[PDB]
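Working notes, beginning with the structure itself.
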4 protein chains.
Amino acid sequence: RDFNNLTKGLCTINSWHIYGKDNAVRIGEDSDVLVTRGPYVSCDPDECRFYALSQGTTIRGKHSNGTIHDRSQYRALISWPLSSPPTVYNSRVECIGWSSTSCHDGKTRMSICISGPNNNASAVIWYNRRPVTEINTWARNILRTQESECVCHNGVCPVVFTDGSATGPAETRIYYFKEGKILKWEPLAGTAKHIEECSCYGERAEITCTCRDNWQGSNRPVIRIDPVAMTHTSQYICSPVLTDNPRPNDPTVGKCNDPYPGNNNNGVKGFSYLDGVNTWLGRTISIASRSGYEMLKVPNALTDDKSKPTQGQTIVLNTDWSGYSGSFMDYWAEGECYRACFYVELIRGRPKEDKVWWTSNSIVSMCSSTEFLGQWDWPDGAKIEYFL
Amino acid sequence: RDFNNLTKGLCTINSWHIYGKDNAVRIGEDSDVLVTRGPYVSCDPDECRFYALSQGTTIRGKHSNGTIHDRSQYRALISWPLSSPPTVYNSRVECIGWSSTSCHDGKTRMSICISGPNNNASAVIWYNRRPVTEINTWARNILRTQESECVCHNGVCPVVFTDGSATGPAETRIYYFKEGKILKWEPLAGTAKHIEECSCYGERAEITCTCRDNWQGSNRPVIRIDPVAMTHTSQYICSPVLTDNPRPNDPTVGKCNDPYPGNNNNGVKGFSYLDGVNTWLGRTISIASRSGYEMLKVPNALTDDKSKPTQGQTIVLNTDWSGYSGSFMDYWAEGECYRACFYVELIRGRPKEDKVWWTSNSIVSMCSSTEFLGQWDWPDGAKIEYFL
Amino acid sequence: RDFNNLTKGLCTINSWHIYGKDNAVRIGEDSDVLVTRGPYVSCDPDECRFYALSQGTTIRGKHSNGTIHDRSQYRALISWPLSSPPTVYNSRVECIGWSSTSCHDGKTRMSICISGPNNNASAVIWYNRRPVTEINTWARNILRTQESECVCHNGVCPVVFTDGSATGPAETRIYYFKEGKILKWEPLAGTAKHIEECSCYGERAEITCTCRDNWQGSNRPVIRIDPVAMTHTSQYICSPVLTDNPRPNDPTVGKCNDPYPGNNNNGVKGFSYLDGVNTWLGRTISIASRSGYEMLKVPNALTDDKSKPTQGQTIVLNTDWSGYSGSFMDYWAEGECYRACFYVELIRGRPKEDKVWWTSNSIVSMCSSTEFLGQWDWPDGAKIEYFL
Amino acid sequence: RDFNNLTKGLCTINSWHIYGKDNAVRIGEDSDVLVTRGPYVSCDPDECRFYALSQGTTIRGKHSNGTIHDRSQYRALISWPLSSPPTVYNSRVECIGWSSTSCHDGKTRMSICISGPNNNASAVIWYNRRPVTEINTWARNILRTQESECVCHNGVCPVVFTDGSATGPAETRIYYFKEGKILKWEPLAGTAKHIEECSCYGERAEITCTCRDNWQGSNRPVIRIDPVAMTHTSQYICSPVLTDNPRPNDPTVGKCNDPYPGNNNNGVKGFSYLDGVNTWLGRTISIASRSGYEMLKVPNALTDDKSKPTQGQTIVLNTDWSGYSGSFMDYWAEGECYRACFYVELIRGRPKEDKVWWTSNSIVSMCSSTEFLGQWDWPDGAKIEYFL
Ligand SMILES: *[C@@H]1O[C@H](CO)[C@@H](O[C@@H]2O[C@H](CO)[C@@H](O[C@@H]3O[C@H](CO[C@H]4O[C@H](CO)[C@@H](O)[C@H](O)[C@@H]4O)[C@@H](O)[C@H](O[C@H]4O[C@H](CO)[C@@H](O)[C@H](O)[C@@H]4O[C@H]4O[C@H](CO)[C@@H](O)[C@H](O)[C@@H]4O[C@H]4O[C@H](CO)[C@@H](O)[C@H](O)[C@@H]4O)[C@@H]3O)[C@H](O)[C@H]2NC(C)=O)[C@H](O)[C@H]1NC(C)=O
Ligand SMILES: *[C@@H]1O[C@H](CO)[C@@H](O[C@@H]2O[C@H](CO)[C@@H](O[C@@H]3O[C@H](CO[C@H]4O[C@H](CO)[C@@H](O)[C@H](O)[C@@H]4O)[C@@H](O)[C@H](O[C@H]4O[C@H](CO)[C@@H](O)[C@H](O)[C@@H]4O[C@H]4O[C@H](CO)[C@@H](O)[C@H](O)[C@@H]4O[C@H]4O[C@H](CO)[C@@H](O)[C@H](O)[C@@H]4O)[C@@H]3O)[C@H](O)[C@H]2NC(C)=O)[C@H](O)[C@H]1NC(C)=O
Ligand SMILES: *[C@@H]1O[C@H](CO)[C@@H](O[C@@H]2O[C@H](CO)[C@@H](O[C@@H]3O[C@H](CO[C@H]4O[C@H](CO)[C@@H](O)[C@H](O)[C@@H]4O)[C@@H](O)[C@H](O[C@H]4O[C@H](CO)[C@@H](O)[C@H](O)[C@@H]4O[C@H]4O[C@H](CO)[C@@H](O)[C@H](O)[C@@H]4O[C@H]4O[C@H](CO)[C@@H](O)[C@H](O)[C@@H]4O)[C@@H]3O)[C@H](O)[C@H]2NC(C)=O)[C@H](O)[C@H]1NC(C)=O
Ligand SMILES: *[C@@H]1O[C@H](CO)[C@@H](O[C@@H]2O[C@H](CO)[C@@H](O[C@@H]3O[C@H](CO[C@H]4O[C@H](CO)[C@@H](O)[C@H](O)[C@@H]4O)[C@@H](O)[C@H](O[C@H]4O[C@H](CO)[C@@H](O)[C@H](O)[C@@H]4O[C@H]4O[C@H](CO)[C@@H](O)[C@H](O)[C@@H]4O[C@H]4O[C@H](CO)[C@@H](O)[C@H](O)[C@@H]4O)[C@@H]3O)[C@H](O)[C@H]2NC(C)=O)[C@H](O)[C@H]1NC(C)=O
Ligand SMILES: *[C@@H]1O[C@H](CO)[C@@H](O[C@@H]2O[C@H](CO)[C@@H](O)[C@H](O)[C@H]2NC(C)=O)[C@H](O)[C@H]1NC(C)=O
Ligand SMILES: *[C@@H]1O[C@H](CO)[C@@H](O[C@@H]2O[C@H](CO)[C@@H](O)[C@H](O)[C@H]2NC(C)=O)[C@H](O)[C@H]1NC(C)=O
Ligand SMILES: CCC(CC)[C@H](NC(C)=O)[C@@H]1[C@H](O)[C@@H](C(=O)O)C[C@H]1NC(=N)N
Ligand SMILES: CCC(CC)[C@H](NC(C)=O)[C@@H]1[C@H](O)[C@@H](C(=O)O)C[C@H]1NC(=N)N
Ligand SMILES: CCC(CC)[C@H](NC(C)=O)[C@@H]1[C@H](O)[C@@H](C(=O)O)C[C@H]1NC(=N)N
Ligand SMILES: CCC(CC)[C@H](NC(C)=O)[C@@H]1[C@H](O)[C@@H](C(=O)O)C[C@H]1NC(=N)N
Ligand SMILES: [Ca+2]
Ligand SMILES: [Ca+2]
Ligand SMILES: [Ca+2]
Ligand SMILES: [Ca+2]
Ligand SMILES: [Ca+2]
């Protein structure tokens, strides 16, 4: 195998088709399904799999009580076959920790898991399923990373990390790994003022990451990385179609180089595909909670501060719970272009559904089509009442 | 691997021997077995597997309530090892949707799943376990397909779809795929007046499909496809041995080019092997409900409108529930001929057994023998009373 | 791969060491373990596995009620990893039926399963996991076979079948298969008067089978097969150490060419290794029930009608339940000789333990050592009281 | 594949990073997890796995009652994927017995399991998953071995066994195996007065084992083996930092060639890495019970009888239960040095938590880092109250 190179551009996105859905919470009501959160999808050259942060207990287990908590010693990055649920018996542990990223470089996979107390966390970088490099916290305040796949080009796999306050200036770093080793790292540059949980994809030797400004911005920060030069830039999506959550109502003009104000100290992981007129943004339908999910075609959203939608697709109705969302692509597919894909985490339980004592999720994921396909909505589908 | 070619003829069918049986409902009374319906069997060059449409819940799970419903967002085409039950832990998701077909072309497998609301469904064609082509609804009324395996010849795998009313004229199309891409498609031609759920097999470079006329006919429509010319014909099985269900009592003369009347707007997926004197038809024993199942040798059934049985084999007694049935063959077996095989879906639960709130099934499947073997009957075997 | 040839002799048996044990009934009290009976062990060139006739239900399942019954449509030959229990999720179905045999010829495996009603059963011979040949009942009275592995030599795998009364003269046949096809078959010859459930092994191009005379004999019938000439002989173990069950007390002189009398119309599958002074016989300790199990070294047992034990090893105490037993060897091991192995079925439930409504078993298996090792006893280990 | 040779030295240990954790007891509260004890970790050239002695029952099963007992016929050495829990469905049985060791030589794996009554136990040595050699008890008093991985060099895999009293002089032997066969064996020599459960690792063609003096010493005995010469030496860790348990408080001068007194007839399996200034010792935090676990850097601990700690890392708090601990390394990793690793058994249930009737454990394991990483504590995490 040779390292994969990002030689293709994105396929034209005219609509989104169903790719995978695990129905985990439904199935887990009567089977040994692990409690998770922070899911994602990532492909190897011969298979694509679902990934997530386990909570080290089944949903029906008594240890499901208290799983709203984010960082415990019982969490691990697990992967499992596409569209099956994350069960005790089919889940493969990639590494131990409560924050992660993972990507295949064409030869083998790199997985990164961070663990530890808030003031003393460390990342362990695994490559070819063995630990290779370790990075200690630099700001002693919840060292943390993407929560979705990283992207590689000719062996170089950039990864975005943040350490420091989630509600003020923090220390974000872009690490350039190759075979699990650090080639270089750089501090964040550009006009993004705060970075969290970047969702990335690659095309034509450029990696684009759409992140979460948890401090002040309801528009999303964007980091664009050149994996050959090992350099990057940052800005915000200019469009007035705001895609974080919670967020204020959409204005008619956005902000390119500063956080769009109105909501502080909160957000949700999200993503976008920024490709000139072939630009599609995801977002929750609700401006107040993680409810609903839609894709909007917003030509030149990255650079046009008045850009509005020209087409759309509802993924999850506003009467259904959503959650994190992120990008991934099958870089080893046939054809002349890379097909954009995304997943949506469907969060169930606390804090929105507090009759149960747990927090978990299921996954739904779609990929683009060049056809203009009919739309459906894809809820988690479980009935909370059954778990009482 | 090279694409498989249909170079052999059918083996002589003198009787049927047991091939596989999963006992899913029995086992599922106390194990994590998924609720399914619309099962089938399909072989790869190195393995044969069971397939079905999951309902995204176990049978003992509380989400089993309401599984009589046909089309939900929680369904998926799953496959699992021959004769094991479809469990949460061994079921491999092929694609997401509530109508499907799947077949191996000798190099890799094509799987097709349709999803969406009734007026806006779409098919996604997967090839080598990746999405390749998408087809939007053309008649905005439950785009749908075979519910059993497709057949390939030199890479070309024809698939029959229907979109439109299930109880009147509809728009049936024959698509010719190769490597998941559309080479051609044609509207139904010939004298079949309505087509549903075709069951197909191939021999000597011809593909024969036996379908369900849900509108007016109790005789079954037959589509014969030339996968090299990418052309087809259609008619009805001429024989007076009527094989749909429900159906009127058998007459002494059938109809070759029109629906045999007596029962409207209902039917059941079924199949036949039409090979001159080596012709065998399957059918439910009951004319009123999906009860019992038998194979009848009816020489020249396709073309002889007075043809009657010369031999038979009971598969499922009339005091046991049956359901859908369809054809498949192991195209990669040794020997000089293709051995005809079929499965029968054994439906349990609603609507016939309404003391439980679910609907599921188990599978029984047989293949032909050149011997004249003794017969047994093969019920699902589960006791409904145990699930109360 | 080339077909395996029986070029080695047996290793010297000085004692028996533990080889595998699945503890199925213990584990199955709280996990999805299938109800079985008629277990055995068989090796492939790269793995050795446990085999058995499933009853198509878990032990805790409500369908476990009535599993004392021998022949139902819900049975199948299943195999699973050595020493794991036969679970719903790890059991691989080899074929459907209620009587079986299976063996690897060095290239691939042949498995045979018989199914059907008592007066119309048929065997299906599978080879390379595909059905190849079928054999209809010849005496219309429970066509049936070994219940333990068959043995191959240069592709030829002889199999012993019986059809007819279990309590009087019956029609026993020796079939010689190669690649799942019938090369030849012969009626039983020699002085054995009734044959059931033969346990076989091979060494130096000769296959020796120790069987169960269910009609009149408490000594065991022996069939010796030449797989090159495709011919055989039969007699009884001459020794006065009687090894069927139930049986009369041991005399001082046995019978070589006729059934040793005292007990009619009953027996148990068993085995022996007959190799001059290196001869070891297995038997239940009790003369009245399937309780206890011991190995006795009885030099020249086959040909010496006064032969008595010179050494022994207790396998299962007389206060613990035993059951069927049979031979197998790893023909693909390293070294200069074939190591004799055997399994003992540990039957639990009915009819001896009738507080539960099921019948199942676990497995214990040993192989010979050239050392004189200390002995232990190996009970099933489950507490019946827990299942109440 | 060629046999692995110990050509590298240990990497510099500046801290320990999380490697694996299965959370077995937490998950097992509501899933089919086997009861175990005596766990360890061992790598093959392409995978690293968790190992342990099963008790042949699930934790929630009724057969969990009485699992404080050490030696039953229902135990087996099982292995399972790194960081998953030992479940009924994913656990692979390596051999049957209640004491074990296992190691890969670069070509295939050797596993050794001992079974039998106290006065008549025997070891069976498996190689390439087949039984090859057997060793009968030599002192008729619980023949027993390491309970953690063995180490190989150019095919030679030394293994330490003990037979005789656990509370007085016993007969310890060092066996040198190659391809499962005995090349040589030697009686213990040197100044160690009693040896139990050695934890070993290899570097630069030398194998170092840290053991448990169950008779008189609270300092640990050390055996150093030359696998080429097939010779060894023994002594005690000279340091006053005492690492057995229970144990007296630390003195200021230890003992190099005799047991450090104060506590008799008890101990716990443990380990160390003895590499000049790069020396790290593990131990329970409590001097009285198996509670807590810490790593201490004690330069020249092996040879300096006044050596004290210069650095440390807490692994398990003193308010959490610990248990056995042992060494392993991935000998097939990339790079120029071998990364030291260890596991800690987290024992739950009896005798410390007697509200439940079982005894089981979970696993936590770490490997060294050349960075100075922040520390966290890693408890088992299960709530006993949930199992009541
Ligand atoms: C069969 O399936 C097909 C294919 O899916 C179906 O066809 C699809 O139908 C969709 C629904 O109508 C349609 O999606 C919409 O597309 C609009 C763009 O098209 C229109 O404008 C362009 C440009 O002028 C024209 O060329 C075009 O012809 C159309 O006229 C989007 O604008 C739509 O999104 C907006 O509306 C929805 C509500 O429906 C919001 O949820 C969404 O966020 C957008 O509106 C908010 O945002 C904008 C931008 O700032 C604001 O201006 C606006 O006021 C809204 O703001 C409020 O709401 C947001 C969200 O809560 C909040 O943040 C904010 O603060 C405010 O409170 C929508 O995307 C598909 O394009 C169409 N596809 C095709 C191929 O045709 C077909 O219907 C199906 N058939 C049947 C029979 O069912
Ligand atoms: C051991 O096993 C062996 C092997 O299996 C057993 O032998 C098998 O025995 C079977 C049962 O007898 C037998 O199957 C029958 O074969 C008949 C054909 O053979 C006869 O006719 C030919 C032609 O003349 C002769 O050459 C031959 O020698 C025989 O005489 C079929 O005709 C049979 O099917 C009909 O009967 C059954 C009821 O038994 C129906 O279920 C079936 O649908 C057929 O009848 C309906 O349909 C016809 C056609 O239209 C009508 O004319 C008729 O009135 C019936 O219609 C009503 O019912 C249907 C169904 O509900 C409904 O739709 C309709 O409207 C009406 O209400 C049957 O297939 C096997 O061939 C034979 N095999 C061999 C190799 O011998 C042996 O018995 C076993 N031994 C023991 C001891 O058990
Ligand atoms: C550590 O482990 C080692 C290794 O396992 C242990 O050593 C083993 O000890 C075993 C038990 O003593 C021993 O097994 C016995 O071997 C006898 C043969 O040896 C003796 O005879 C020879 C020949 O003369 C001498 O060379 C030799 O030195 C000995 O003296 C067998 O004869 C024994 O079997 C008979 O006894 C047992 C009861 O213990 C029966 O269950 C068994 O069926 C045999 O007896 C029945 O059958 C014979 C034959 O027909 C009859 O003559 C007799 O009356 C019995 O018949 C009744 O019972 C049967 C069964 O229910 C019934 O069908 C019938 O109708 C009648 O009712 C036994 O096999 C091992 O060989 C020995 N191994 C070694 C290597 O030393 C050591 O003890 C262990 N240490 C500790 C401390 O525990
Ligand atoms: C972020 O994470 C980083 C990295 O982990 C954290 O930094 C780590 O902090 C650790 C805790 O302070 C520290 O570990 C200690 O290291 C000591 C060695 O360093 C000191 O001495 C050297 C040599 O002079 C100096 O160079 C150095 O600068 C330091 O001054 C060890 O000595 C420590 O172990 C002893 O203490 C602990 C209690 O904390 C005991 O559990 C342990 O067993 C040791 O003490 C017992 O044993 C000794 C030896 O015999 C006795 O002398 C002593 O009296 C104790 O004996 C009693 O207790 C034992 C155990 O129960 C019993 O058997 C006996 O009988 C007696 O009853 C300890 O290992 C790390 O090295 C340090 N790492 C780095 C890289 O800095 C940082 O804090 C974290 N940050 C935050 C904000 O949390
Ligand atoms: C990705 O690009 C690099 C070139 O920059 C390719 O690397 C060369 O691969 C060939 C085949 O192994 C070698 O002969 C060269 O030495 C490689 N290295 C470089 C840096 O030139 C790589 O093959 C490309 N990947 C694919 C899948 O084509
Ligand atoms: C078992 O014996 C037969 C010989 O009787 C061996 O068969 C020969 O195998 C070689 C290698 O494939 C061929 O060249 C010959 O044509 C084979 N056939 C015969 C009948 O001669 C077979 O190889 C032996 N098996 C092993 C494992 O050695
Ligand atoms: C405190 C910083 C947060 C991100 C801005 C926080 N990340 C971590 C590593 O704890 C996330 C946030 O609290 C949760 C959410 O917003 O859903 C998930 C939670 N993420 C994870 N548990 N992995
Ligand atoms: C409305 C058209 C019907 C076929 C003629 C219908 N097909 C679909 C895709 O819904 C089937 C029919 O209603 C059910 C049955 O007859 O058993 C199954 C049902 N099929 C599926 N749920 N896959
Ligand atoms: C009626 C003939 C019997 C053998 C002599 C009978 N065999 C079959 C195929 O039914 C066996 C016997 O009744 C049972 C036993 O003895 O344990 C098992 C039972 N064997 C199986 N169920 N496979
Ligand atoms: C009697 C000798 C003991 C070791 C010094 C004893 N070993 C065996 C083989 O029984 C261990 C000891 O009793 C237990 C413990 O200390 O935790 C485990 C127990 N070990 C195992 N059950 N494998
Ligand atoms: Ca924000
Ligand atoms: Ca359960
Ligand atoms: Ca009809
Ligand atoms: Ca008898
Ligand atoms: Ca001690």
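Reminder, nothing fancy here: chain letters follow the sequence lines and each chain counts from 1. Computation of the quantities below employed the complete heavy-atom set of this structure, encompassing side-chain atoms and omitting hydrogens, waters and symmetry-equivalent molecules. Heads up, header says this was done by X-ray crystallography, 1.9 Å. When a ligand or atom number is given, it counts from 1 through the structure's own listing order.
Drug identified at ligand 8: peramivir. The main partner of peramivir (ligand 8) in this structure, judged by heavy-atom pairs under 4.5 Å and named as in the PDB entry, is neuraminidase. Going by heavy atoms, the other chains that come closer than 4.0 Å to peramivir (ligand 8) are B. For a threshold of 3.5 Å applied to N or O pairs, the pair formed by B/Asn214 and peramivir (ligand 8) contains no separation below that value. In B/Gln146, neither the side chain nor the backbone holds a heavy atom less than 4.0 Å from any atom of peramivir (ligand 8). For chain B, a heavy atom less than 4.0 Å from peramivir (ligand 8) occurs in the following UniProt substrate-binding residues: B/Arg37, B/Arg71, B/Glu196, B/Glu197, B/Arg212, B/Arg290. In the vicinity of B/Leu53, heavy-atom distances shorter than 4.0 Å reach the peramivir (ligand 8) atoms 23 (N). Between B/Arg37 and peramivir (ligand 8), at least one N/O pair is under 3.5 Å apart. Within peramivir (ligand 8), the atoms closer than 4.0 Å to a non-hydrogen atom of B/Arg75 are 22 (N), numbered from 1 in the order shown. The part of B/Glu147 lying near peramivir (ligand 8) is the side chain, judged by heavy-atom distances below 4.0 Å.
Scanning the protein heavy atoms around atom 16 (O) of peramivir (ligand 8), the nearest turns out to be B/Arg290 NH2, 2.9 Å.
When the heavy atoms of B/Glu197, B/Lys269, B/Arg71, B/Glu345 are ranked by distance to atom 10 (O) of peramivir (ligand 8), first place goes to B/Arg71.
Among all non-hydrogen protein atoms, the one lying nearest atom 23 (N) of peramivir (ligand 8) is B/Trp98 O, 2.9 Å. Note that atom 12 (C) of peramivir (ligand 8) has protein non-hydrogen atoms nearby, at separations under 4.0 angstrom. No part of B/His194 comes within 4.0 Å of peramivir (ligand 8), judged by heavy-atom distances. Counting only heavy atoms, the protein never gets under 4.0 Å from atom 6 (C) of peramivir (ligand 8). Of the protein's non-hydrogen atoms, the one nearest atom 15 (C) of peramivir (ligand 8) is B/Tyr324 OH, 3.0 Å. For B/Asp70, a nitrogen or oxygen atom sits less than 3.5 Å from a nitrogen or oxygen atom of peramivir (ligand 8), counting backbone and side chain alike. With the cut-off at 4.0 Å and only heavy atoms counted, the binding site of peramivir (ligand 8) comes to B/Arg37, B/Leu53, B/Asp70, B/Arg71, B/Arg75, B/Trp98, B/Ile142, B/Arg144, B/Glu147, B/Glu196, B/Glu197, B/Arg212, B/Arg290, B/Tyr324.
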Within the protein, flag every N or O under 3.5 Å from an N or O of peramivir (ligand 8), and note the pair and distance.
| residue | atom | partner | partner atom | Å |
| --- | --- | --- | --- | --- |
| peramivir (ligand 8) | 10 (O) | B/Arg71 | NH1 | 2.8 |
| peramivir (ligand 8) | 13 (O) | B/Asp70 | OD2 | 3.0 |
| peramivir (ligand 8) | 16 (O) | B/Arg212 | NH1 | 3.2 |
| peramivir (ligand 8) | 16 (O) | B/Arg212 | NH2 | 3.2 |
| peramivir (ligand 8) | 16 (O) | B/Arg290 | NH2 | 2.9 |
| peramivir (ligand 8) | 16 (O) | B/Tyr324 | OH | 3.2 |
| peramivir (ligand 8) | 17 (O) | B/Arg37 | NH1 | 2.8 |
| peramivir (ligand 8) | 17 (O) | B/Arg37 | NH2 | 3.1 |
| peramivir (ligand 8) | 17 (O) | B/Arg290 | NH1 | 2.7 |
| peramivir (ligand 8) | 17 (O) | B/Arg290 | NH2 | 3.4 |
| peramivir (ligand 8) | 17 (O) | B/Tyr324 | OH | 3.3 |
| peramivir (ligand 8) | 22 (N) | B/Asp70 | O | 3.2 |
| peramivir (ligand 8) | 22 (N) | B/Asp70 | OD1 | 3.1 |
| peramivir (ligand 8) | 23 (N) | B/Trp98 | O | 2.9 |
| peramivir (ligand 8) | 23 (N) | B/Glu147 | OE2 | 3.1 |

